[PDB]
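Structure containing Taxol.
Here is the naming used below: chain letters follow the sequence lines, and residue numbers restart at 1 for every chain. Only this structure's heavy atoms are used, side chains among them; waters, hydrogens and symmetry mates stay out. In each ligand, atom 1 is the first atom listed, and ligand 1 is the first ligand listed. How was it done? The header gives electron microscopy, 2.7 Å.
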Amino acid sequence: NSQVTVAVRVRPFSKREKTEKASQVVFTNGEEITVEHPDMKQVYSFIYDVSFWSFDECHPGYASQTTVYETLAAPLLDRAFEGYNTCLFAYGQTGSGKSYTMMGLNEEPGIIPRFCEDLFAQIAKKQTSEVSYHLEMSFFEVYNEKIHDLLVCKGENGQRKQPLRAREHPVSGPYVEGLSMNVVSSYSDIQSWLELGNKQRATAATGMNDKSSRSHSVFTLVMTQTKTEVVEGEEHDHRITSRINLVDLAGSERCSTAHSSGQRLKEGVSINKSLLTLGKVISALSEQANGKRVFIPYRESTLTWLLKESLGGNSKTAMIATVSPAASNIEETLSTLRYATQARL
Amino acid sequence: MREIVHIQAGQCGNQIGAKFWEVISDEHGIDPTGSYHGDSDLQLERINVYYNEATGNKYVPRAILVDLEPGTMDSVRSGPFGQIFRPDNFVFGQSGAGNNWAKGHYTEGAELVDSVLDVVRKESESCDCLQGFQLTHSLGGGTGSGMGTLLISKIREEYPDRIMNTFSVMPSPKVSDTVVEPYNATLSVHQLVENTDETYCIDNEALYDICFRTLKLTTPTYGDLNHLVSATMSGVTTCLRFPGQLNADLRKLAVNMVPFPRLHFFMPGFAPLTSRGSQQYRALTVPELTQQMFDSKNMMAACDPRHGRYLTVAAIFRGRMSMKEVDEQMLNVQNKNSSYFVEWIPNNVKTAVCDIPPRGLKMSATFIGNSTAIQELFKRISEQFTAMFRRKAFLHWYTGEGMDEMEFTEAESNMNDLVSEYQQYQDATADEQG
Amino acid sequence: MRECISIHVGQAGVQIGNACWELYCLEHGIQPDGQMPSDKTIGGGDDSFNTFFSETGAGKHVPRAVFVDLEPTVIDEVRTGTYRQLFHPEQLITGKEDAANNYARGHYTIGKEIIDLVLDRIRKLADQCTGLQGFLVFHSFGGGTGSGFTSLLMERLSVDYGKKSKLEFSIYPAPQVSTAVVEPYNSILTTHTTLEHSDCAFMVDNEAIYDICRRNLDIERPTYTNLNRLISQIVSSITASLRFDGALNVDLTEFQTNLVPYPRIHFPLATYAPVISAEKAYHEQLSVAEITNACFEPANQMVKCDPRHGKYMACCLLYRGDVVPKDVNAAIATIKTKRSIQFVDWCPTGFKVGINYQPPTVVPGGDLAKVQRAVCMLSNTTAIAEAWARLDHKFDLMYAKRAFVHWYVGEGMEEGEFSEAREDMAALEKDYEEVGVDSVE
Ligand SMILES: CC(=O)O[C@H]1C(=O)[C@@]2(C)[C@H]([C@H](OC(=O)c3ccccc3)[C@]3(O)C[C@H](OC(=O)[C@H](O)[C@@H](NC(=O)c4ccccc4)c4ccccc4)C(C)=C1C3(C)C)[C@]1(OC(C)=O)CO[C@@H]1C[C@@H]2O
Ligand SMILES: Nc1nc2c(ncn2[C@@H]2O[C@H](COP(=O)(O)OP(=O)(O)OP(=O)(O)O)[C@@H](O)[C@H]2O)c(=O)[nH]1
Ligand SMILES: Nc1nc2c(ncn2[C@@H]2O[C@H](COP(=O)(O)OP(=O)(O)O)[C@@H](O)[C@H]2O)c(=O)[nH]1
Ligand SMILES: Nc1ncnc2c1ncn2[C@@H]1O[C@H](COP(=O)(O)OP(=O)(O)O)[C@@H](O)[C@H]1O
Ligand SMILES: [Mg+2]
């Protein structure tokens, strides 16, 4: 069956922060995470299935990138070859280390490059001249409950963001029309597509940061292992297929502080509704793993509706939340750790 | 300035509207010339919620007729209250849907929807503030199912901030009136579930049984059935028009009747209903009304709440009442009938009161309810549906008009998932210890 | 002179104000047209009482009030009623649409587009006032306007006016009775925001007042026009020393002091014992002892909670009419001799006491009777924590499933505010349990 694996990663202080000398609010005791308000009145504790401490190297249990890949992502690539689907969530507010854990810098690579390179270097080993592995990639977004494709090059006009629609095949399940799928042979082709997509992804210079991710983003890889019938008849026979999804979600965007009106407010509403439905889905899946028959509300959002076969049944889901230990972002860290907290059982 | 736009689509919709605009025009004092001939002064305060003003202090309703055959147009015009509607709002065509959801959603409705939207925009932009929309439509046939749902989908896109109520006449268990009811109903639910906020389900048979067992009517025409539907329509929109002690609206009821956005299919009902002879031998008090409203034999949905659990109910009272006698009564129901309700919602009842009742009664009441018994309304269709779809019975008349088999399976799966969502909350199980 | 601004937010607020000002207009002698008839006598005078009514040179007295509802249905009954010529025409409707019992709407979506226009009027009234003291707010935990808009306004007034008293008179939610499914959310969300700004919140409940109107007044079918008349008497007893002469006078800052030990336990109750009919106006002496004992009976509380399940921390006792302090001292001695009425060890000084000479006025069409002596008891008791334990549990039921949350998110809110508020209330429960503990070093 399918349980989830929620993890937390505390980013270290920026040199700007320890030069300005921001104070520390997020502490740990190996297992648990603790938040202590600067007033030192209330202290809240959070337990998770895994906890990553990237605060300082000299600490015991330092959480580098290679121990995030080996801990969360790699057991999903392992389940791929077994013939099952997998999804990797990535939640986090701006200035918390989402793109350092997932994509990474030129050095210190995140989950995407390590994952892809291990996949390619392992199919290079496993292929026998009687088995063959074919990979097919896709990359799309969600904006106000509308599906947009990114890898297609958009000439400048009003905008060519065609609102594609989702359908439900009886066997294959929910899918996306017009999805420009592409082929891949090694990791140096995914970099190009992802750069070309992230350039066209939606952004806005809201109050928090010069560029915030105002849209979700699903990056899918479909593998097909063809092994041959020679009972008597050659293949095109046996295609065990697996979908591996890496989703880069957006922020919750409390609108009390952010006096947001119009399009930014509508984007915030859509993001928060999607995240609520996703939380409901994860909680229902954990309950199901714990022996309770329940109804997983997939059809209340597109993100949950298209990934239905990738977070259900014989599937393995993973989630990583990013937090800052600074005292100017306590109100964000609290909501993040409390969004993650309702997935752990 | 909480303005409503009534859209009437099909025979059912127009025949309910021709009775509803007789009920509201009476509740506000309008005559078939469009002129105020009333007595009070509250009738004029919030007449803007349904009507618009003209030159000679005339009041023209904000109605939009949609039907694709001229027969109902003439019935409205050649009628009692026909010369108050705007002729530029009698939108219609010829060669109707043919009891087909495809002809009225892709072929013939697409050739006329622009003409309806051009009137909708005119009547919505002439409103100071808009509360929502209002559609009366029979799914089971064509036009009301297809050309209604398409208008819903195109208004929700133009107005994804407003309410879109749908007062629908669903098909009945025993006796059908169209052979292709299952397909069309399934394809309408697939559009309403995704593009509605509060949809009210009505069934001819529940209303026949009301007319026979309560009202003691032997031969009730449809003007009698629609006389019950209009009553509930007016009950929902009384707080916006008239004043009251504890008020409500469409948004507040929808907030307090929809825990999850998909479960917005409700059972309407109205009290006090009685036979003309058994009026002298009853008392007009709140408990009699509460006993009449929560009675299974007073519903309109043809689905018994004894076979399910109420998730959330509403009660819009009209008259000079006492709020203590509403609180006590609506607490008594939760306690005496705890099994018929949900535990993770402590108080399932909403109350609203208006200080101005219906023209002939000292007191009135209107009842909405969200029950798991309407499961039965869909589980039947999905059983009628798949059988036919297991043989491809009447499908070549829909494919020919530009449809695919996938659009059927999608709707079927959506309905069955709705069934599961309602059935998850009707087996009362307990917690670890508490 | 002294001045107190009243802010009636929501349906409940307006329907309480329409009785409160009905009462004030009679206590002082103002007709609904604003024109005092017995300004014949003034030759100076101060009976154009400046605590509530601003006078203008034409012989007219306009109240220091503000109305806002997010819906015209209630305010437009004032414009069309008997008191249409009294209030300044700035009775602020903004009722293109109401809060739909959503805190998310009355805080940001529709709560804004207004609050500038409310603050511009409060500023206009304050500048017309010299020694302003206090903001009497009137609202309801359970609706969207009263919940969110009041939170917003109290956030703003804590910045614009700073350290000035803010007394909330709030309709508390009842355990069993409820006219809405989303009071458990709005109540907690309003407490989370108002708790850091308000200074004393006087709570009431409709169920208790129904029980009173049944048992004492002999009304089996009562409506809001009976309850709000009693709430008006509570406010008048609170606001009597600032208008009429007395022996022991009480300013608004004295409730903020004698009844708030710690800045988060400022949620007291209210009580008004002589709620007897004109029939039972006879057959009873109606002395200070009988009344003071009635106010400590758990049945005549205006909030549904048994203080036998808790401990009193402070209690103000405001009396009107022919009272002598010897009687109050004897009564308090009788109450302190009783063992069912427990107190905290750290509060041996108990009761605040106040006396005013002018007795209450009877409204025509009312249910109260002319009584020579009146009393109002406002007590802080730990027992109300049990009520907070109820609301916090309902929340826990219909929030585990995230029911009704998409309506709040759809109007500008986040899934984390609920957790924040629930944790603040769980902290307040522990803060109510701590003080009950007996002191040991
Ligand atoms: C002397 C007297 O009391 O006559 C009553 C009457 O006998 C009864 C039976 C009326 C009567 O209604 C019916 O018999 C009936 C027939 C078909 C379908 C539904 C009802 C009545 O016709 C119906 C009529 O109701 C109204 O007038 C309301 O305004 C109603 N609107 C209209 O009837 C109406 C019809 C056409 C044109 C304009 C208005 C209404 C109800 C709810 C909301 C808005 C309006 C009333 C009180 C009566 C008669 C006349 C006998 C009842 O009607 C209602 C809705 O309450 C039927 O049961 C109630 C109980 C009443 O006692
Ligand atoms: N005591 C008393 N309570 C009232 C009165 N009117 C409404 N209430 C209570 O108010 C609660 C709901 O809050 P409302 O006042 O209706 O909400 P609102 O302020 O009008 O805000 P909206 O929801 O936007 O209309 C209910 O539980 C009622 O019991 C009244 O006149 N007197
Ligand atoms: N309650 C009610 N239902 C009706 C009435 N007229 C028709 N119906 C129902 O509505 C359906 C009529 O379908 P309709 O849309 O008129 O077919 P169309 O003319 O092709 O659009 C039938 O299934 C009837 O059960 C009416 O006056 N009252
Ligand atoms: N574990 C870590 N060690 C060192 N630096 C880190 C770590 N995590 C995050 N950072 C720093 O924090 C920044 C994260 O920015 P980024 O996460 O890309 O913003 P956003 O979250 O808005 O995408 C990077 O510049 C990186 O240098
Ligand atoms: Mg209101």
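Tracing Taxol through the model gives ligand 1. Here, the main chain in contact with Taxol is recorded in the PDB entry as Tubulin beta-2B chain. Counting only non-hydrogen atoms, chains lying under 4.0 Å from Taxol: B. Heavy atoms under 4.0 Å from Taxol belong to B/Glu22, B/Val23, B/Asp26, B/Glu27, B/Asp224, B/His227, B/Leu228, B/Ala231, B/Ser234, B/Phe270, B/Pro272, B/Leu273, B/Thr274, B/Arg276, B/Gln279, B/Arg318, B/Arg359, B/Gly360, B/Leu361.
Inside a 4.0 Å radius of atom 62 (O) of Taxol there is at least one protein heavy atom. Distance check for atom 18 (C) of Taxol: a protein heavy atom is found below 4.0 Å.
Scanning all protein heavy atoms for the shortest distance to atom 26 (C) of Taxol gives B/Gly360 N, 4.4 Å. Neighbours of Taxol among the ligands and ions, at a cut-off of 4.0 Å: none. Any N or O atom pair closer than 3.5 Å counts here, and B/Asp224 shares no such pair with Taxol. In this structure, atom 35 (C) of Taxol is in close contact with the protein, since a protein heavy atom lies within 4.0 Å of it. Shown here, atom 9 (C) of Taxol is in close reach of the protein: a heavy atom of it lies under 4.0 Å off. Protein heavy atom in closest approach to atom 44 (C) of Taxol: B/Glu27 OE2, 3.2 Å. The shortest contact between atom 52 (C) of Taxol and any protein heavy atom is with B/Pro272 O, 4.7 Å. Counting protein heavy atoms under 4.0 angstrom from atom 2 (C) of Taxol gives one or more.
Among protein heavy atoms, atom 49 (C) of Taxol sits closest to B/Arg276 NH2, 4.6 Å.
Atom 57 (C) of Taxol has B/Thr274 O, 3.7 Å as its closest protein atom, hydrogens excluded (heavy atom only).
The presence of a protein heavy atom under 4.0 Å from atom 42 (C) of Taxol is confirmed. Closest protein heavy atom to atom 33 (O) of Taxol: B/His227 CE1, 3.2 Å. Protein heavy atoms are absent from the 4.0 Å sphere centred on atom 23 (C) of Taxol.
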